[PDB]
Amino acid sequence: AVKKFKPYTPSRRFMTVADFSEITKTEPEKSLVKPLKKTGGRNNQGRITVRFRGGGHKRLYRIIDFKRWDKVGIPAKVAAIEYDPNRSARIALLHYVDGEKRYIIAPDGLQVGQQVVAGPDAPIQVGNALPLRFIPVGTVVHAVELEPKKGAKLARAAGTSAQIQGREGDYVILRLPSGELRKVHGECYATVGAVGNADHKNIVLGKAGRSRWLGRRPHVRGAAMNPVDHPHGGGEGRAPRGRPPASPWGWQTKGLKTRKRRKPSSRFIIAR
Amino acid sequence: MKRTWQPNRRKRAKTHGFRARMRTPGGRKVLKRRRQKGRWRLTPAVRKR
RNA sequence: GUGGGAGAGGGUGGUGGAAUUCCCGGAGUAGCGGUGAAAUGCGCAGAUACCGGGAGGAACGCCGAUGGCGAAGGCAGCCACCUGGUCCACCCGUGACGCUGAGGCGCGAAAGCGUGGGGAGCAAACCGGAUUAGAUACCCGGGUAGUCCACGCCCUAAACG
RNA sequence: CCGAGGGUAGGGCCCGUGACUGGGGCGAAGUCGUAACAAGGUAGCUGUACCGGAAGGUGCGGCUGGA
RNA sequence: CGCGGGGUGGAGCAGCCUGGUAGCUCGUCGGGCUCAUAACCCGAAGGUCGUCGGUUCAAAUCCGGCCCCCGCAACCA
RNA sequence: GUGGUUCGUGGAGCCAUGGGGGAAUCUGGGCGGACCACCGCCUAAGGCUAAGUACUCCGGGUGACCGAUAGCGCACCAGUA
RNA sequence: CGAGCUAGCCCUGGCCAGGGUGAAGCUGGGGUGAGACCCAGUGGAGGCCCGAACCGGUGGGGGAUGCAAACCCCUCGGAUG
RNA sequence: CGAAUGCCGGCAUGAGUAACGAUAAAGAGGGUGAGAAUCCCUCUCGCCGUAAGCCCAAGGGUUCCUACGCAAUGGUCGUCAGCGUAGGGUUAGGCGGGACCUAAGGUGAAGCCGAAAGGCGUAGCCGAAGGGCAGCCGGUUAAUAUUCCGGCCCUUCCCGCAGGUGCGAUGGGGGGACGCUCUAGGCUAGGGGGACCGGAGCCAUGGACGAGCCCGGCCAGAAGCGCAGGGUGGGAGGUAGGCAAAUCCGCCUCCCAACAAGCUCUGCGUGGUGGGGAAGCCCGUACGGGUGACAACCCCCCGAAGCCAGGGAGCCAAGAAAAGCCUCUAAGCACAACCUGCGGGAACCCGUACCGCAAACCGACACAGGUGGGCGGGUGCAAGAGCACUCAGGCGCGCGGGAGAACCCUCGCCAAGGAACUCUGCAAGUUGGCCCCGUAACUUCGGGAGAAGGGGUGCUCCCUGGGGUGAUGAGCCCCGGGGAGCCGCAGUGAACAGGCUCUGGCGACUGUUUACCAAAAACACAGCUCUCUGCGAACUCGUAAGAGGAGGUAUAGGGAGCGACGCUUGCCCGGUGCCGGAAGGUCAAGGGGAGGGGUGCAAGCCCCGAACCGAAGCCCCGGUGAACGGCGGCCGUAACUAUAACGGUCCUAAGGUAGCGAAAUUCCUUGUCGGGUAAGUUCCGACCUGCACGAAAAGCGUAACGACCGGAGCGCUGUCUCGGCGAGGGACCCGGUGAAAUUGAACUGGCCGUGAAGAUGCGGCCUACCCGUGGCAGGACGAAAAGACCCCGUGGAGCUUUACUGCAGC
RNA sequence: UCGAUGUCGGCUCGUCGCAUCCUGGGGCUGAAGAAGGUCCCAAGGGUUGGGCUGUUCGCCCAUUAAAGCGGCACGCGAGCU
Ligand SMILES: NC[C@@H]1O[C@H](O[C@H]2[C@@H](O)[C@H](O[C@@H]3[C@@H](O)[C@H](N)C[C@H](N)[C@H]3O[C@H]3O[C@H](CO)[C@@H](O)[C@H](O)[C@H]3N)O[C@@H]2CO)[C@H](N)[C@@H](O)[C@@H]1O
Ligand SMILES: [Mg+2]
Ligand SMILES: [Mg+2]
Ligand SMILES: [Mg+2]
Ligand SMILES: [Mg+2]
Ligand SMILES: [Mg+2]
Ligand SMILES: [Mg+2]
Ligand SMILES: [Mg+2]
Ligand SMILES: [Mg+2]
Ligand SMILES: [Mg+2]
Ligand SMILES: [Mg+2]
Ligand SMILES: [Mg+2]
Ligand SMILES: [Mg+2]
Ligand SMILES: [Mg+2]
Ligand SMILES: [Mg+2]
Ligand SMILES: [Mg+2]
Ligand SMILES: [Mg+2]
Ligand SMILES: [Mg+2]
Ligand SMILES: [Mg+2]
Ligand SMILES: [Mg+2]
Ligand SMILES: [Mg+2]
Ligand SMILES: [Mg+2]
Ligand SMILES: [Mg+2]
Ligand SMILES: [Mg+2]
Ligand SMILES: [Mg+2]
Ligand SMILES: [Mg+2]
Ligand SMILES: [Mg+2]
Ligand SMILES: [Mg+2]
Ligand SMILES: [Mg+2]
Ligand SMILES: [Mg+2]
Ligand SMILES: [Mg+2]
Ligand SMILES: [Mg+2]
Ligand SMILES: [Mg+2]
Ligand SMILES: [Mg+2]
Ligand SMILES: [Mg+2]
Ligand SMILES: [Mg+2]
Ligand SMILES: [Mg+2]
Ligand SMILES: [Mg+2]
Ligand SMILES: [Mg+2]
Ligand SMILES: [Mg+2]
Ligand SMILES: [Mg+2]
Ligand SMILES: [Mg+2]
Ligand SMILES: [Mg+2]
Ligand SMILES: [Mg+2]
Ligand SMILES: [Mg+2]
Ligand SMILES: [Mg+2]
Ligand SMILES: [Mg+2]
Ligand SMILES: [Mg+2]
Ligand SMILES: [Mg+2]
Ligand SMILES: [Mg+2]
Ligand SMILES: [Mg+2]
Ligand SMILES: [Mg+2]
Ligand SMILES: [Mg+2]
Ligand SMILES: [Mg+2]
Ligand SMILES: [Mg+2]
Ligand SMILES: [Mg+2]
Ligand SMILES: [Mg+2]
Ligand SMILES: [Mg+2]
Ligand SMILES: [Mg+2]
Ligand SMILES: [Mg+2]
Ligand SMILES: [Mg+2]
Ligand SMILES: [Mg+2]
Ligand SMILES: [Mg+2]
Ligand SMILES: [Mg+2]
Ligand SMILES: [Mg+2]
Ligand SMILES: [Mg+2]
Ligand SMILES: [Mg+2]
Ligand SMILES: [Mg+2]
Ligand SMILES: [Mg+2]
Ligand SMILES: [Mg+2]
Ligand SMILES: [Mg+2]
Ligand SMILES: [Mg+2]
Ligand SMILES: [Mg+2]
Ligand SMILES: [Mg+2]
Ligand SMILES: [Mg+2]
Ligand SMILES: [Mg+2]
Ligand SMILES: [Mg+2]
Ligand SMILES: [Mg+2]
Ligand SMILES: [Mg+2]
Ligand SMILES: [Mg+2]
Ligand SMILES: [Mg+2]
Ligand SMILES: [Mg+2]
Ligand SMILES: [Mg+2]
Ligand SMILES: [Mg+2]
Ligand SMILES: [Mg+2]
Ligand SMILES: [Mg+2]
Ligand SMILES: [Mg+2]
Ligand SMILES: [Mg+2]
Ligand SMILES: [Mg+2]
Ligand SMILES: [Mg+2]
Ligand SMILES: [Mg+2]
Ligand SMILES: [Mg+2]
Ligand SMILES: [Mg+2]
Ligand SMILES: [Mg+2]
Ligand SMILES: [Mg+2]
Ligand SMILES: [Mg+2]
Ligand SMILES: [Mg+2]
Ligand SMILES: [Mg+2]
Ligand SMILES: [Mg+2]
Ligand SMILES: [Mg+2]
Ligand SMILES: [Mg+2]
Ligand SMILES: [Mg+2]
Ligand SMILES: [Mg+2]
Ligand SMILES: [Mg+2]
Ligand SMILES: [Mg+2]
Ligand SMILES: [Mg+2]
Ligand SMILES: [Mg+2]
Ligand SMILES: [Mg+2]
Ligand SMILES: [Mg+2]
Ligand SMILES: [Mg+2]
Ligand SMILES: [Mg+2]
Ligand SMILES: [Mg+2]
Ligand SMILES: [Mg+2]
Ligand SMILES: [Mg+2]
Ligand SMILES: [Mg+2]
Ligand SMILES: [Mg+2]
Ligand SMILES: [Mg+2]
Ligand SMILES: [Mg+2]
Ligand SMILES: [Mg+2]
Ligand SMILES: [Mg+2]
Ligand SMILES: [Mg+2]
Ligand SMILES: [Mg+2]
Ligand SMILES: [Mg+2]
Ligand SMILES: [Mg+2]
Ligand SMILES: [Mg+2]
Ligand SMILES: [Mg+2]
Ligand SMILES: [Mg+2]
Ligand SMILES: [Mg+2]
Ligand SMILES: [Mg+2]
Ligand SMILES: [Mg+2]
Ligand SMILES: [Mg+2]
Ligand SMILES: [Mg+2]
Ligand SMILES: [Mg+2]
Ligand SMILES: [Mg+2]
């Protein structure tokens, strides 16, 4: 839906906030299962190695369930859907009859009170997790494992999915959010449905501060700098570059393919 | 204005203390040099309890 | 009211085959495309034509009519749901409850616009190749917006009987 | 107190005038090309969209006021 | 003032660097087609190569000096 | 592929070795400056071994060494203020 | 050897007088087939406004062997981010 | 040694000169003393009072208190001191920190890596103004006090008795546990008033013996109460999860509650008792002591930002951890152990003085600078921590006395004119708070807005409407209305408090920046687009291990550019880049050996060595511009001239579209028209001949916004005509202390000449007794910095690239 | 003169030259008069305010007896901007 504001201030006239109506009466989270201390820090042991990180709201990590094959066969009741500061998506709090409480990343269409479960069994319904094999060709799916028993790694961003395209002996072909065509092992779990919160892309930050709230420090142009700092630094009053556009570290930034050629992963990929 | 000396006992101790110098080869040599020199004070005297 | 009937009338969800284009495998060569005639273009780096597989979008051949439906615009593969209009028969109920309609309000082809998706074919602009005195056209080889979908605008027409 | 009028400030409508600009009408025999009327030598017209010295051309849907 | 590029039939341009031969498109002129003009077709004409010198057997062509033309430069103060 | 030696790729041996290949036990093996023949010299891939040699924190001796701006930074409670 | 100054980030704390303006959303009324929407009243949003603390450092003057190796005076920017 | 802007030391000059450190301010009497403006005391005066007053923390480290001192330290003096000598002073189970806990980060057994040194590292450990944890009020010292003492009250341990129970962990669960804005109810701190209570006293100078003036009317406090408020459901089954096990927790399912009824838990009142208790007067202090006193200790009102507290509501950016504590069981042990009550005993270590917005901290100084947290009274002005005055409390800033010139600083006023000043209204004025009328273009519908422009503002009396606290009233406190009237030049009478408008450029906007000459139109910014990246991601850092990215996964991450929003962003892929091409050419080691060479009597041993087989790269074939970039010349033509829709021709990869244009771009240039003016190189509008705009190094616009920059007008003025006067701090004179750069020596005039070309010093002439004080700046090519421009040196550094040569990386 | 001779303009303050702008005296005039022209003498005094531009200079506006030209380190920054 997206919340919109009137221009009672500049920067309030474009600003735009998510709709939280799917956030069920459960705004503060769940101890026990999560949260952990989350360790803010824009850099490695010592030095900054990703520029322009820092500031922005304190967070608690929700330790979510990315391998659903523990509770094969054990169903769970979806108890709530809550805000997760550390991902684009929303998260489902679910209660297993087992007693155990996990969070699943919350797919589009998930309703509270719903039944959900994981395993070879598993009715093909939104929320359920299955090894890729038993899932019908053509159904859209998410939180897909890359290699079996290694955890969900594909399609967890808000409003993303992959679609099952066909099969090939032990592998089923996937079409990933990027549009790539991937052979992913049959035995990999993946949960049916799309991610949801799909209006995430429609949000307009609206002002500088908002950027900072999310811990995004000001990014400065190479043009703004000096020859010591950047290939684009200097010279006089503005300058068009004077070389093929580059990163600060000298590599070209328009076109230069960067995936290494001899990756053994290659023989499992069929697209862009 | 604000000058450059902003005394802090803890800082002076953690920074220039006998135990800091002892911790690394760089520092151990400092004690060696100061000893051979005949320095009355190997490290700065940080006070208080 | 009761009981019936035809229909591409509307909206949503799902689905089927033919064809084109691109990709992959096989087989296969010296030309294919195209036109008034050509050239541009594509092709021994293996094109065209032929067989197998896969992908994707869009439009539904025959039935089809000089036919049907709607208030117009408009509506056509098939299926299910939701839904409007309407004709007949019986003459059962109400009982003049009617007709029209400034304004208002809704709907309103195509092109266009916003946001996002999609993109096979086609195709403004644009680039080439021929034609001409010239060609910013007509023909030909490419080609992007758009053409498709969702939501929001736009309100025009030879919106014509 | 009110009160003609005078004064200060800010608006509304109207008329005049203005470098320069936009298209319009009119003015016997200047230029360019041929769009329309015959199937007008590309059927025409059309709402719209883009392009072009110019008439105009092309895309899309429409009309018969053409076959 | 300095620099380097250029003046060739009526128009716009080739011809030079490796000196002997001035070519193209248009235009002009004569002839056709047409009722006529243009288009088109068949013929033909037209250039002291900016000027002064010499270099060579021979100069548009190579080397000097003036003459207009274009282009660049003129910075530190 | 490099280092060592006077040797800087040189006709470049010798001595060490990171990489690849990879033997033999005296009729076995290395060397005498590419290499080959001859004539010779040595016996690699385990280890230890006084003395003669270096220095001067410390003690002593001596000076065609200084004599308080000299001589050690310091003759003096100086690596101090 | 230095981040006890300065720059950024990390962890844990603190501070921001008093005034203005009045968004959404609620509630009532209106409107409609249901809506949209429109009036109020309520509400109390914002890199919103005036202005101390606080953070600055705009213009002018002074100062110039200074009170000060960047200061003083009047003036001025921000002040729930 | 005579020179090195030489080195060390010593002493001159400037010179009794500049200064003596905030313009908050002093005067007198009396002490003391060898000696007093400067020390003590008293009286008067002034300054601070969201401090210039109190309390913490850091830092400092004896500066504390006292006795005796004044050589030096003190910008003067000093009898004084933060200085010299000595002596004394810092008392804790409850305050802070440690025998408690975890944060970032550190360290780091396991493990991983690294020539060495060392680098990483889930467990643990360390690490704190954050979690935890038991003391309040008074009194005493010259100097400590939540530490001593008094009263009242608590905490752990250890050992007993007495009563309870399956007790029991570093293991399970629960809790601890958390944002920002706004907030309700009830309290407390604190404050105002009182005809009431308590007090020495006091009637002055015209009046007042009065419900007069003045001063004060509290603090702490266990249990039990009372009032507010915070936390919490109770059963019974079933159970497969909480990494062993649980009765606990979790998840089901039935009952009864749904209330805070009940349990607890805090706060606040009250409380046995304990303590404090003014002005004034009298004393001797360097200060405290006594009396007031058997002190009184009561009633209203305002009331927090603090307390109940984990309260409530809203919002998106979604808000530590661990222990203590509750609970559940495990091994064990159930004569143990643990819980409750009561007794007795035990209770360590380090800090404690003083300064603490400053003369004791950071700035070489008793330095107009910098320094975190809490209290911070009253009155008035709408409010407030603002401003004026002033409680408590603390100060008059460690040179003074005169004078009353120039000039400077800071300040006040000014006839007439009013921007004529000037690069510029620079500066200075005008305006200024609050209530009420009233407000335009334009606009993204919010705004523009405090638009503009106006009016009101004191005091007195009369009438009158709402609340709040009390009971539905009096009072006490907040907000209103109406009507008469009074005084002055003037009523936010003092202080604090916008000058306004029109029109351009740039940048959308709040932000950011060259600490110490630039705050901007530069950076940033939401947003747009291109490109890389399928996850052990790309990229970054690191030799490595490893880490960031990210406990993220294409709606995500990195890189580049543009830079809100509107309308848009043309043509060129020839060169360079990047992308795509199992063909071809070239292409290194390696393979391969036709063939040849050297030695051997030979078997042999050792050399070179052509075919051919050999990657990436380059070549070559394509693509791609929100990739690097680029986007023409010359002639002719219309029935007045003029101009050229129209044509010719050359060349290119293509030959700049729209929009804009004498511009933050225009040389010629003050282009030419128009506008503002008496007059306009600037400004605004146009034209286009664009030296040398033009589309994401974006193009053209845009409301709002700005300590930006330009042009104009109103208002107002000492900016100016053109100055004048007054004020205070200096300047001047006197007493006290007393610097500096500079300096070859000096017995240091003018002119015209001359000289290395600008002479006090040389020539000629002219002038001129010796020495100071206040002033002025023409000169000593005055001082200051071994010119920062310029060149030179086969000097140096930062930067760049299709310079050379390497290296990392790929 | 580079071990420094501050560099345009303005402002303040002057002073000097004369090849004189005005005022005084004068000759020739194609000088009727008035007013001019032009040459000689003469520096004693005077030689305005504004718009524009950093400007010097210039161009304007309104005046005037006139709206002079040059030098003094393009006079003058230990005098200012
Ligand atoms: N009245 C005509 C209107 O204007 C236009 O027409 C104008 C022009 O097109 C037209 O120009 C014509 C030209 O077309 C034609 N080929 C040649 C002719 N000499 C011109 O003529 C013009 O100029 C001449 C001389 O000055 C006059 O005498 C004459 O009146 C005038 N029409 O002159 C017209 C004005 O007079 C539109 N084409 C027409 O549709 C419109 O309705
Ligand atoms: Mg936890
Ligand atoms: Mg590192
Ligand atoms: Mg470290
Ligand atoms: Mg940026
Ligand atoms: Mg820069
Ligand atoms: Mg660089
Ligand atoms: Mg430039
Ligand atoms: Mg550059
Ligand atoms: Mg009937
Ligand atoms: Mg009708
Ligand atoms: Mg329509
Ligand atoms: Mg359409
Ligand atoms: Mg968008
Ligand atoms: Mg096509
Ligand atoms: Mg076509
Ligand atoms: Mg033709
Ligand atoms: Mg019809
Ligand atoms: Mg008009
Ligand atoms: Mg007109
Ligand atoms: Mg036609
Ligand atoms: Mg025609
Ligand atoms: Mg036609
Ligand atoms: Mg059309
Ligand atoms: Mg066309
Ligand atoms: Mg220079
Ligand atoms: Mg060597
Ligand atoms: Mg050998
Ligand atoms: Mg040998
Ligand atoms: Mg030997
Ligand atoms: Mg030995
Ligand atoms: Mg001697
Ligand atoms: Mg000595
Ligand atoms: Mg001696
Ligand atoms: Mg010495
Ligand atoms: Mg409202
Ligand atoms: Mg507000
Ligand atoms: Mg604000
Ligand atoms: Mg403010
Ligand atoms: Mg000498
Ligand atoms: Mg000396
Ligand atoms: Mg003197
Ligand atoms: Mg003096
Ligand atoms: Mg003096
Ligand atoms: Mg003083
Ligand atoms: Mg006062
Ligand atoms: Mg002492
Ligand atoms: Mg003392
Ligand atoms: Mg004494
Ligand atoms: Mg003294
Ligand atoms: Mg002093
Ligand atoms: Mg004495
Ligand atoms: Mg003392
Ligand atoms: Mg102990
Ligand atoms: Mg500890
Ligand atoms: Mg610990
Ligand atoms: Mg370590
Ligand atoms: Mg660790
Ligand atoms: Mg602690
Ligand atoms: Mg404690
Ligand atoms: Mg004390
Ligand atoms: Mg138990
Ligand atoms: Mg436990
Ligand atoms: Mg626990
Ligand atoms: Mg009396
Ligand atoms: Mg009490
Ligand atoms: Mg268990
Ligand atoms: Mg007393
Ligand atoms: Mg709460
Ligand atoms: Mg622990
Ligand atoms: Mg103490
Ligand atoms: Mg104390
Ligand atoms: Mg303080
Ligand atoms: Mg002092
Ligand atoms: Mg001070
Ligand atoms: Mg401060
Ligand atoms: Mg207060
Ligand atoms: Mg006020
Ligand atoms: Mg104040
Ligand atoms: Mg005046
Ligand atoms: Mg006056
Ligand atoms: Mg006036
Ligand atoms: Mg002026
Ligand atoms: Mg002037
Ligand atoms: Mg101005
Ligand atoms: Mg001003
Ligand atoms: Mg302006
Ligand atoms: Mg502006
Ligand atoms: Mg800005
Ligand atoms: Mg700053
Ligand atoms: Mg600066
Ligand atoms: Mg600024
Ligand atoms: Mg500044
Ligand atoms: Mg990692
Ligand atoms: Mg991570
Ligand atoms: Mg990106
Ligand atoms: Mg920009
Ligand atoms: Mg930019
Ligand atoms: Mg472009
Ligand atoms: Mg190109
Ligand atoms: Mg190409
Ligand atoms: Mg290319
Ligand atoms: Mg390639
Ligand atoms: Mg190759
Ligand atoms: Mg122009
Ligand atoms: Mg230009
Ligand atoms: Mg004019
Ligand atoms: Mg003009
Ligand atoms: Mg530009
Ligand atoms: Mg561009
Ligand atoms: Mg821009
Ligand atoms: Mg700003
Ligand atoms: Mg004055
Ligand atoms: Mg005075
Ligand atoms: Mg004196
Ligand atoms: Mg000297
Ligand atoms: Mg001379
Ligand atoms: Mg002499
Ligand atoms: Mg002389
Ligand atoms: Mg002088
Ligand atoms: Mg020099
Ligand atoms: Mg050289
Ligand atoms: Mg010089
Ligand atoms: Mg000198
Ligand atoms: Mg000098
Ligand atoms: Mg004369
Ligand atoms: Mg005369
Ligand atoms: Mg003016
Ligand atoms: Mg003069
Ligand atoms: Mg000159
Ligand atoms: Mg000049
Ligand atoms: Mg000068
Ligand atoms: Mg100066
Ligand atoms: Mg001077």
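Below, read A as the first sequence line, B as the second, and so on, with proteins coming before strands; counting in each chain starts at 1. No hydrogens, no waters, no symmetry mates; every other heavy atom, side chains included, goes into these values. Atoms within a ligand are numbered from 1 in the order they appear, just like the ligands themselves. Part of the entry, not all of it, is on display, and contacts are counted within that displayed part. The header says X-ray crystallography, 2.9 Å.
The compound at ligand 1, a drug or drug candidate, is named paromomycin. Within 4.5 Å of paromomycin (ligand 1), most heavy-atom pairs belong to the chain that the PDB entry identifies as 16S rRNA. In this entry, the other chains with a heavy atom less than 4.0 Å from paromomycin (ligand 1) are D. With non-hydrogen distances under 4.0 Å, the site around paromomycin (ligand 1) consists of D:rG25, D:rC26, D:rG27, D:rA28, D:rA29, D:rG30, D:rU31, D:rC32.
The source species given by the entry for RNA chain D is Thermus thermophilus.
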